[PDB]
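Structure follows of paromomycin (bound form) associated with ribosomal RNA 18S.
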Amino acid sequence: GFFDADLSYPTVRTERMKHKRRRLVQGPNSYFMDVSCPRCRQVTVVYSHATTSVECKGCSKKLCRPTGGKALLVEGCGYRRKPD
Amino acid sequence: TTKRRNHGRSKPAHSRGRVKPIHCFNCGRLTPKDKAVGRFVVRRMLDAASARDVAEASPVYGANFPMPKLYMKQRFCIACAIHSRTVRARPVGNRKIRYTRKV
Amino acid sequence: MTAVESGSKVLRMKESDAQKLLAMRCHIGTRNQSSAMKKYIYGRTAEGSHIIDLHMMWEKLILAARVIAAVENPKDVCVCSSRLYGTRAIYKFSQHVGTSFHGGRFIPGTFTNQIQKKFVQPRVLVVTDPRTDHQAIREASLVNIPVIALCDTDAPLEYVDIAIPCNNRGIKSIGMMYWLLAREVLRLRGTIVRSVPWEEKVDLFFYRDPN
Amino acid sequence: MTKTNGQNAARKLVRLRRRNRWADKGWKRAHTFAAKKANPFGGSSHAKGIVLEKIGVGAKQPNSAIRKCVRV
Amino acid sequence: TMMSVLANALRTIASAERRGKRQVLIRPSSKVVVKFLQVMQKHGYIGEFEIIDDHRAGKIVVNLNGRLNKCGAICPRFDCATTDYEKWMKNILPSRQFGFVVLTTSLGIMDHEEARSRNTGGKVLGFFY
Amino acid sequence: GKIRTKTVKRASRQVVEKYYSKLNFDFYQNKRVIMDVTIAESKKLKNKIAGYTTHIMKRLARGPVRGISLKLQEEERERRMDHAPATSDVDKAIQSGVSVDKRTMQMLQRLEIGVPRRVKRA
Amino acid sequence: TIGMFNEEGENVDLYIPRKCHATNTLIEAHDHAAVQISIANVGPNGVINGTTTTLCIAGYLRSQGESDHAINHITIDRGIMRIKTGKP
Amino acid sequence: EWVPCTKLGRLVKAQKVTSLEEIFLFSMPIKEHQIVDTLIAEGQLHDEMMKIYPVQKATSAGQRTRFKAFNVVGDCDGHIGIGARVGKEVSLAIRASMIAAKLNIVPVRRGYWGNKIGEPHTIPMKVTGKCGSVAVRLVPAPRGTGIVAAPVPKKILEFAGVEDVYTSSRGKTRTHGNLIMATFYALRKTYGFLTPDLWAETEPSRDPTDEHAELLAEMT
RNA sequence: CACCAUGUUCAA
RNA sequence: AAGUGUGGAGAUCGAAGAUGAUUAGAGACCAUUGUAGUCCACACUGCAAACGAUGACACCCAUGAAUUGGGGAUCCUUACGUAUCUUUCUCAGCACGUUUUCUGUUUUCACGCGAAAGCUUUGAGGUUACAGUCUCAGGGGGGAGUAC
Ligand SMILES: *O[C@H]1[C@H](O)[C@@H](N)[C@@H](O[C@H]2[C@H](O[C@@H]3O[C@H](CO)[C@@H](O[C@H]4O[C@@H](CN)[C@@H](O)[C@H](O)[C@H]4N)[C@H]3O)[C@@H](O)[C@H](N)C[C@@H]2N)O[C@@H]1CO
Ligand SMILES: [Mg+2]
Ligand SMILES: [Mg+2]
Ligand SMILES: [Mg+2]
Ligand SMILES: [Mg+2]
């Protein structure tokens, strides 16, 4: 307590909880990640909420599976989130 | 004068259109299932004086093996619940008390 | 209110003061939580109890003392407790500071019914609980009496102006908040000096079951 | 839930009022012709007539008399 | 659907000011609703406000200073001649001493007092007092 | 031989206030006091006052009676109660350690005074 | 210079009333929950001076429960009560 | 004589509180009707009975009957008060409403329609006040209008010091119990509206019971 | 859970 | 829902009707029956206390338990806390716990409102300080939802 809410400059605790369109400026929730294939090893860029099933262009295999929210990457694959 | 919000029955405004009625337990009156007051009774078959006569003359039943009972789920008409004194008229401030379990 | 006009650190909590608060468990809140006391909570512990921020406890404690020490004729402060654990502490705070005190059933009309012969007109009311002293607060709403309260984590803060956050439940925890407030109001007046410890024992503030 | 604004909504407001004036029993009696064609005076006052017979009309409850009146 | 954005903005200011708030968040905004607020700043009924840029319509955070009683919007924007200012003052304002009727004129968006002095007329937008 | 009227009960408490030392657990001696300390005309009430007085003398042997206002047993026990040990219950609480919780200790790092001495983490 | 004048510059109204320090709400004569709270200005040695800071709160603000949030917001602004701990 | 019980009446009897606007400033309840006729001069304070009507309670064996009396009080210089008490005899309830109307005394802000040239002729802004369904609306009028009101609000507005006013009334005004107390609630709101005269910051004062706390303890 | 229908006109 | 037409069906309950009984009378309730109906197919009707006695679409709106479906984590502060138990196949699974958040049905609870009962982010609030948009109905009780 003792700090009042400023509506122009809201707290990081208050603002991280909000819905993505209920933010002060709305924005994405998703991101891109650089997924390495489990065999074959070549990197692919996979969207976090990929409803399509992305294929490895080298491996020929499918290293993603759609869900209701975030898509699930296959077992044994490595991934690190890309910036921006 | 709306005597009670929810209007006597468990149906809110935008939830159900209708609920199909059940017959009353002794009257046979068709009342909706959410309106009609519903008690699940676990009544024993024999009184404890009468059960002691039967448990003594029983090879099966004793202090170890308990005697069965009746499990019947009665549902009453609102005329039928007041008259059998299952339910009673309560004071105006006292009507909102709701019991979620058998006391 | 530990901020003076010059900028000194004279009113601030010290490692001796906060060590007393931890020993008397007057920073543990109850399991429940209200909206108005939600800003005074630091976090929740395991077993689901609320921990009160000792900064905000001390800042609202000294703020209530800067209001009581700014009362000439200290009998215009009335300190009152309907709960039984307060009544011994209410007596000893009234003894060292010199305020009116009342305990037990509040007897409605004490603040409003002017032809009663138990009719008092305090200027500042100090209630031990906002909840069990609902009747003392609700008559203060009628005759212009601001209210100081020892609030727990779920306190109804309608008509409470300076809500002190503490543990007003336990016998030791209560009375430690009245020792420490009586210890402080005497310092702001200049009766006792801030260097030496106040020799008077806290034990007389504790309620003791005379049967 | 009552009426309409709109800068170009005057035809709606003119039609809306001309139908709701017919519900006024003073406006409807002043603008229909069953008012005078069924009035025994021809939409006028003080009409002459010929006395036919004398009637005693008994008063309504709670009063009790017979009111002396003629049929003309 | 939302029809009048200015009528939306003044209704959320007036509602949050009778609740005694310190700030409002106004969504959406326009060029009209910021030119209405700058009339309310010049006669000191509101404080500093801030327009946040989306690439959408913006949002405005207005700092309230307790002075505004009621701001509202007259819908539809009735045409008001120069002879008609004393008619609009008696209808929507509480007194002739204080209170302003904001008009959109050819010269700009002004209150009623400035527009009487510059001998102009306009369509009425709203009021604040 | 039923409930005593408030005329009997209010007067009987006043006999116990003003004349506690002259009264004991017997009826027939407490009656003789109340004839000298109460100026009423009825012998029926003075029998009932000496009955309820005798009753609230047996109640004062046990403990406190509400509304009795005896003011010397209350002045004595207020002096016997206001007695404290030389070592405070807070000074004996620090001298073993205060033993705060996880969340509390995680708060006490944040303060401008730090974590106080004679503390533990439990 | 507060209250209405005459065009002769004499203060015409009786009783310029108080205003709430939280909500700028003009305190009426029958608003019997409206309180003044005097906070003692204190010196460098921790003993009170002869001057007090007085803040007055309207009656509806106490009625809702929002007075205690308002006394905090005022005394941080006046500089009476500190907003946070110093760094350890 | 009159022995006071409240601290305000002790200070009024001691002439420590000298005027009535020193009570209105600190929102103090009066609680004693001898405060008002002490502070207001005796010849400059008028009162007369608005309405007296009987109210009945059905009991076993008949009706109970008590008379509810309305009184208005105030010098015609911005002070008004209305009280409504009841009683078995009509003489008691008239006397009790006099006691009641002084306790409810309250100030009236008055202002100007156009230019400001003397004492205020009118109320400073449009104001309504509602009791029951009867809400009266009081509108500022020009300098030489007069009170344009029904004769029950007109007698109240004369005692409040308002010289020129327009008045409306929205519903069931033949109920005078709520018509009287709606003119009172509307004139009471005249110091509730924050105008740009009163935007300025005023320096805080001390309560008469704060300042004279040493004197009031000497009565004990 | 047998049966248990009704009380002229104003007025006090 | 009753009702209608043409075919099926026809167990049970059952307007009409029939017998008992109660009753002063009983054309009623109660008991025994029993036709049309109940049920299906294809047509017709469009008459509900078709209700939340509350038109639709937006806006603002305080609080604390819950619940359903989806998703995500485990001088006004520059950030942070994770348990339980079932687990050879619609199994990288299922349920739970703490916390976020969107959508829905609600509940005891701050303003405010109302003649009141009561309503209250689910408005009947934001209204004589009366204008977000559109729409339907009402104008004392009847006659009469009648006559043409
Ligand atoms: O969409 C929700 C909204 O974002 C949020 N404001 C929330 O409000 C409450 C929240 O209330 C609900 O409590 C429910 C549990 O009893 C919980 O529902 C949820 O339950 C979880 C477990 N099944 C989830 O898995 C589930 O998806 C979810 N529906 C909350 O919704 C409280 O828990 C908070 N303490 C306070 C928040 N203000 O409610 C909105 C939907 O009701
Ligand atoms: Mg239905
Ligand atoms: Mg007959
Ligand atoms: Mg029978
Ligand atoms: Mg049959």
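First the proteins, then the strands, lettered A, B, ... as listed; each starts at 1. Only a selected region of the deposited structure appears here, and contacts were counted within that region alone. Both ligands and their constituent atoms are indexed starting at 1 by order of listing.
Paromomycin (bound form), all copies counted: located at ligand 1. Other chains contributing a heavy atom less than 4.0 Å from an atom of paromomycin (bound form, ligand 1): J. The binding-site residues for paromomycin (bound form, ligand 1) (non-hydrogen atoms, 4.0 Å) are J/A66, J/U67, J/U68, J/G69, J/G70, J/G71, J/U100, J/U101, J/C102, J/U103, J/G104. Covalent bonding of paromomycin (bound form, ligand 1), as deposited, involves J/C102 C5.
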